[PDB]
Trainee: 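Hey, check out kanamycin bound to APH(2'')-Id.
Residues displayed in chain A correspond, in order, to the PDB entry positions 1-297. Whatever order the structure lists ligands and atoms in, that order sets their numbers, starting from 1.
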Amino acid sequence: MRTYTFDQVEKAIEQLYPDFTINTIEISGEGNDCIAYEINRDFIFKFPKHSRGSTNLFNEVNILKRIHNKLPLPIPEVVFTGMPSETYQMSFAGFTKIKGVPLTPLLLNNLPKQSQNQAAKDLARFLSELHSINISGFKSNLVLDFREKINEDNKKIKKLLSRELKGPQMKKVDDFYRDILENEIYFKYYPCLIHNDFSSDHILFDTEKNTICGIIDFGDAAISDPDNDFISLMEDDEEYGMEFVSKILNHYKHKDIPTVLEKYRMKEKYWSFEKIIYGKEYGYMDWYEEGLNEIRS
Ligand SMILES: NC[C@H]1O[C@H](O[C@H]2[C@H](O)[C@@H](O[C@H]3O[C@H](CO)[C@@H](O)[C@H](N)[C@H]3O)[C@H](N)C[C@@H]2N)[C@H](O)[C@@H](O)[C@@H]1O
């Protein structure tokens, strides 16, 4: 955590944008990586909470400029950029505001069936197009290879938990990693650009028309397994549940649905380990103790 006042936000912005005059500023959201501010009701400026989140913002800015007119839904559009320092790769970025509310599982399920299904269709089309974007211009650094990531998590957990876990417990952790890594189904996919945080909170909805009017938060995007972007929608109360995602899958013409379920299941078990790592790497320490406690069971 770094934290900001309105005067700091304004001065950072005035420095690089001296002719953009500012009336209203108020906090609009706050994520793991950035705080968001609404300026003149027409712009959302993200300011990083730490270096990690700044690097996330920098990556978001860059992917958006590559895909800005390639999708069938609106996406955030970058209008203002800050600067790199020794602490942040980018001090802030200002985006066009997208009107709408999050498409919560509550909101979704109270829609008439016809809108519900059109939502599934519109999401499938957004994903099918996103996953078909040609990635060849893209920086090779965006490639998230899932085998390497898992091998790397195993060593980070070992390094982190070696003094915290009893020998037999750490053996069982090594067992779970070995087991995941021997199953080829997690690691044979054709990589493509994926949103990689595709969930109900990043899907915006227009309640006058009852249709999806935007997709937001591209800070996690990578070139990786297209199946990541369904599994993040599958969790029953938290997200949409299986019946809805299966409609999305059918529109997307997915060919190996039992593969997605399998990755979903493993992902959900994998959450405890993500809570430990992601706790420390995002220095949020109640996740850490929680994951560790789940692991000791
Ligand atoms: N109790 C909260 C839930 O949290 C996880 O999922 C949630 C993600 O954590 C959120 O996002 C953050 O974590 C992501 C991992 O995907 C990263 O991409 C990103 N840096 C972060 O912004 C996402 N928007 C909503 C989603 N429901 C678990 O899977 C789930 O079991 C658990 O119930």
Trainee: If you have a sec, work out which protein heavy atom is nearest atom 17 (C) of kanamycin (ligand 1) and how many Å separate them, to one decimal?
Mentor: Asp220 OD2, 3.4 Å
Trainee: Could you identify the single nearest non-hydrogen protein atom to atom 9 (O) of kanamycin (ligand 1) and state the distance to 0.1 Å?
Mentor: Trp271 CH2, 3.9 Å
Trainee: Please report whether atom 21 (C) of kanamycin (ligand 1) has a protein non-hydrogen atom at a separation of less than 4.0 Å.
Mentor: yes
Trainee: Using heavy atoms and a threshold below 4.0 Å, how should the contact between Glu268 and kanamycin (ligand 1) be classified: side chain, backbone, both, or neither?
Mentor: neither
Trainee: Hey, which atoms in kanamycin (ligand 1) end up nearer than 4.0 Å to a heavy atom of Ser199?
Mentor: 23 (C), 24 (N), 25 (C)
Trainee: Is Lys267 touching kanamycin (ligand 1) with its side chain, its backbone, both, or neither, if touching means heavy atoms under 4.0 Å apart?
Mentor: neither
Trainee: Just to be sure I'm reading this right: ignoring hydrogens, which of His195, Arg52, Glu239 gets closest to atom 26 (C) of kanamycin (ligand 1)? Compare them by their nearest heavy atoms.
Mentor: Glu239
Trainee: With heavy-atom distances below 4.0 Å as the criterion, list the atoms of kanamycin (ligand 1) near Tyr278.
Mentor: 19 (C), 20 (N), 21 (C)
Trainee: So which heavy atom in the protein is nearest atom 2 (C) of kanamycin (ligand 1), and how far is it from that ligand atom?
Mentor: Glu238 OE2, 4.2 Å
Trainee: Of all the atoms in kanamycin (ligand 1), which lie at a distance below 4.0 Å from a heavy atom belonging to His202?
Mentor: 24 (N)
Trainee: Establish whether atom 28 (C) of kanamycin (ligand 1) and some protein heavy atom are separated by less than 4.0 angstrom.
Mentor: yes
Trainee: Which residue and non-hydrogen atom of the protein lie closest to atom 30 (C) of kanamycin (ligand 1), and at what distance in Å?
Mentor: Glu235 OE2, 2.9 Å
Trainee: For atom 4 (O) of kanamycin (ligand 1), is there a protein heavy atom at a distance under 4.0 Å?
Mentor: yes
Trainee: Counting non-hydrogen protein atoms only, what is the nearest one to atom 15 (C) of kanamycin (ligand 1)? Give residue, atom name and distance.
Mentor: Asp197 OD1, 4.7 Å
Trainee: What makes up the binding site of kanamycin (ligand 1) if contacts are defined by heavy atoms under 4.0 Å?
Mentor: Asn32, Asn196, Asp197, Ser199, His202, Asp220, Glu235, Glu238, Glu239, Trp271, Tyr278
